[PDB]
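Note: structure shows glibenclamide engaged with ATP-binding cassette sub-family C member 8 isoform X2.
Naming: A, B, ... by sequence-line order, numbering from 1 per chain. Shown: partial entry. Contacts: counted within the shown part. The figures here come from the full heavy-atom set of this structure, side chains too, leaving out hydrogens, waters and symmetry mates. One-based numbering, in listed order, for ligands and for the atoms of each. Heads up, header says this was done by electron microscopy, 4.1 Å.
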Amino acid sequence: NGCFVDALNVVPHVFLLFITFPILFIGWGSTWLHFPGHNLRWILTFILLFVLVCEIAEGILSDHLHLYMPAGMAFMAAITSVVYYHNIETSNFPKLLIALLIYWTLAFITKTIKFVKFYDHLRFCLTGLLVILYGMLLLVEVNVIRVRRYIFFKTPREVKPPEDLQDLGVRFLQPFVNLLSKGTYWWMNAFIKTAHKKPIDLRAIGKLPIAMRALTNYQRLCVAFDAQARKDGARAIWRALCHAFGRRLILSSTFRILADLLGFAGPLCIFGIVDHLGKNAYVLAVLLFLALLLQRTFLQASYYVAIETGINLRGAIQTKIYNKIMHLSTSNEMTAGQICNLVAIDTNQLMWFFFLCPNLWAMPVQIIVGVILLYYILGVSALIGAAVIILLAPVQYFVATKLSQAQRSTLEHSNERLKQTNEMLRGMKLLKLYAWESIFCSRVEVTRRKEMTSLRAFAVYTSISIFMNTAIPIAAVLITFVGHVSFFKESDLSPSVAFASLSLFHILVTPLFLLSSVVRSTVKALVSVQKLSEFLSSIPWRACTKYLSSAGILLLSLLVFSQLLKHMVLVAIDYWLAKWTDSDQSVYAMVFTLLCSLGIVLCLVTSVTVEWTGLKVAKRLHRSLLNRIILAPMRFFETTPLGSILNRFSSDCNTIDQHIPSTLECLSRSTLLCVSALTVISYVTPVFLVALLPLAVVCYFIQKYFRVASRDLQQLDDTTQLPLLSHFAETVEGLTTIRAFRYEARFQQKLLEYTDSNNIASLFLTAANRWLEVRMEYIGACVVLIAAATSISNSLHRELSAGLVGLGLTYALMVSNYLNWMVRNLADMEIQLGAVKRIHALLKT
Amino acid sequence: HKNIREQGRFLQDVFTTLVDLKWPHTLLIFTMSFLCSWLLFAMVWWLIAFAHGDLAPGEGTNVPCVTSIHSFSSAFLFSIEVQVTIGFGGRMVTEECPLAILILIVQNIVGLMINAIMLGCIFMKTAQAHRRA
Amino acid sequence: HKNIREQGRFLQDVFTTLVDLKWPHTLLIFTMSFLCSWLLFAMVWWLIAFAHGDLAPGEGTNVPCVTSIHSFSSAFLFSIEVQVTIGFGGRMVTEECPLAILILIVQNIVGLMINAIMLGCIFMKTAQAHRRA
Ligand SMILES: COc1ccc(Cl)cc1C(=O)NCCc1ccc(S(=O)(=O)NC(=O)NC2CCCCC2)cc1
């Protein structure tokens, strides 16, 4: 009686879905109470979601409606259980919980009957997993009734909802939300929507929870330092920090490694789909969708947990070294500058190293899984390719080091220039009273040429970096595919093999760059902690239009058309590989080699173009600014403060030279790669095009609401950084007066206040970045889901063309990362262009 | 109001909560009450006719607990026929199965109770005279 | 009173307006509510039986969605049979057409809602104690 047991299973889901609707409709028509097992409940509910997807897959394979209805009903039943638990977290009851418990017991009974009747005779594993999950959720409910007094005698002795994160006005509620929103940052919707209208400020911002303050982190760190020093240094302080920050860091690291595993897993199911159609695929498509969303969610949660641990550590060691500043002796100018660098660069190094700590653990497993996976797909030839990409990682590091050296030299020259300016902008009336100004401007221009000379080598190294970035992906495929078929064994290379190798090449290129910066950050952090131990123990298109018109018509088109042609080559190589796959193999491989050479030559040309153009623009802009400032009237110089006039030259110039060319290059590459990927996934499946324009319009709404806040928070950060450092300096000089007045307590209070005001800003900023990241990624996974779902049917059932699905899947598996690069670089370019606009504001004097 | 220590009394006022609502929401939740109950008992009846084996189309050696029942659709028609007390009588519940007698004797009383509350509360609503305010 | 800037609240008090009325007017508007609804659904049922083609008298190759329906008159008899919950059962709605199931499942709920209001408001009326004034 199989259908009989199927119906018997359908019944309890129906019972629960029917009782949920009155209460849900009353509730749909500010104290958060959490219960033990909440996080376990949500984890188990997501596992139920997964197993139910698998059951739906089984029902599709078998088909008989009544035979696969139980899965479709348990789906809504679990979603309604989630709705119930949200309605109970928002307002507590003893009865709604019993309402859940009844359903759990009945579903367990039905599943047991299914299991018995099966034992008497794929289904087996799924039914067993569901049984185990329902049983564990039952035990969770029993724990919940055991905790409070719903079935017990009258009173609960109920907790009294937590005042830490729910009492007096606060806004950053990360630890006090639903474990789904703890992942998807849903609580930021309200903040960002309100931020769109009203400008954010410290009165509109929250206050940090008791879970993360100066006092809390200082307390944990001093407890660890005490427990380590009572057993008596650099290693000591290190182990103290380690044992003090404990579980959060390793939790982030394991989130990260699981995400890395699933990311290495994606391309293999791509490969399986490509195999199946050329010779069980819808299941692989939905599994790919699920795995993408879960992997990226875990990656983002990992990032956030690491960032928060780092912010805790910064606050802690900052207030600690300020506590040490009170007890130091007067015999120990140079020490003050060393102290304020110990807070401005050493502490930032420590905290950014703590950002990158889990990446250092997750990188080796990533490259190992990558190489072993690509070996089993391409054989011995794979190994050869696996060398080339890896060889880029040490070289990169070398390049980076050269940059640093260059930077140092340049900085020196820059400093001297500033000196030769500070005189002219002070003896203004003296200077213009006899018109010796041109004589000094000649000297100022003499310094500028030396500065320009340094910048050439720096930008050459930047060009080499950008060149290798996109050259190694091309070279890997070149020397691998040419060295696999036409060299070793003449093995027929199915489209699946080549496209899986392509996907893995990108998924391995992305982490490789980060290892170099990680090594540099780690050694620098080691040096900075040795230092700390030695111390402690003693904008419109008009701004960009003018910026690019200062370059001239000579280089504008030379840049733009070269970029367009490089991206066209980068897509055409894969387009021709698509026809290469199905099987004149030798002629095919030769054409592939020609395309590979064109790509690298064009990339080098584009990089050199960007370098030369940026340098020329900086030159002309500086000269024009100097000339326009020279011919100003005296009353203008007397009216405007010196800080603004000097500051533009001091930073604006420096900022532009250091960051505008690289960021502009990155923005251009990102936007063109995204447009190319969209065009590829459109040409592969025509109908998919018409489905992708809706989602993209969604991104437009996600753009505005982001920038109008991301800019705002940004500037707030800057402000909370300025009085903090200055405060430090004030304590160092007048140290004797402050230790004499015995005013140490009030000043320590002020510094805790300032570090809290800094942390709230630097925390909301990372929360907003996580928000934009996760939502853009969810859409980037929706697009690949829809693309694969259209490709499996349209390109197989009717079109019956296999070279198509490869390109579409390979580009849709990665379009999301290009999208994120695009949006972030766009925000940075906008803030930098807004910085540039004030130079033109000064130009019209 | 901010920071209300909700101890659940907001829903504990079960009908004095929803008699406050607008008309579309209250009409929605009333139709959802009625459809919920009807579908629940239609499912249980479908199942009981399936289980007795009267659902298996056969001539002789049996009499269905509910005469002339064929599929889920006719079963839901029987549920709405007995629940809301129209009583069409094309499908007859018979004196062969006392289990069907039990399901009827609970169906009707729950139907009558939920009808009684869903009339009292709508009347308690039509004494909304705030409009006179 | 003269020159009342009517913003419509005079009718916005929909039932607290008519519970003020006399008895003949209120009885008139109640019978008009009931007859209006009955005629509406009788028309839609006539049309659906016409459209399915079950209205075309034919023996075999079909079963009418509503057994034994011939003309508009018998259709209006079916409408008043299912609406006001007498349920005569001479004409049977069948499990062949789900569209008839939908029309029944909305007919009955609207019938029940308009019955509920037309009882609550008449009771809210019988608390007219101005006669005691
Ligand atoms: C570039 O990505 C990655 C890709 C892959 C891997 Cl395996 C690691 C990373 C990575 O970055 N490593 C984690 C550490 C990290 C650092 C910065 C960022 S972040 O996103 O650029 N910045 C923020 O979130 N907030 C900032 C933080 C500084 C104060 C101001 C707000 C995100 C994360």
- Item | Heavy-atom neighbours of glibenclamide (ligand 1), other chains, cut-off 4.0 Å | A
- Message: What's the entry got as the organism for chain A?
- Response: Mesocricetus auratus
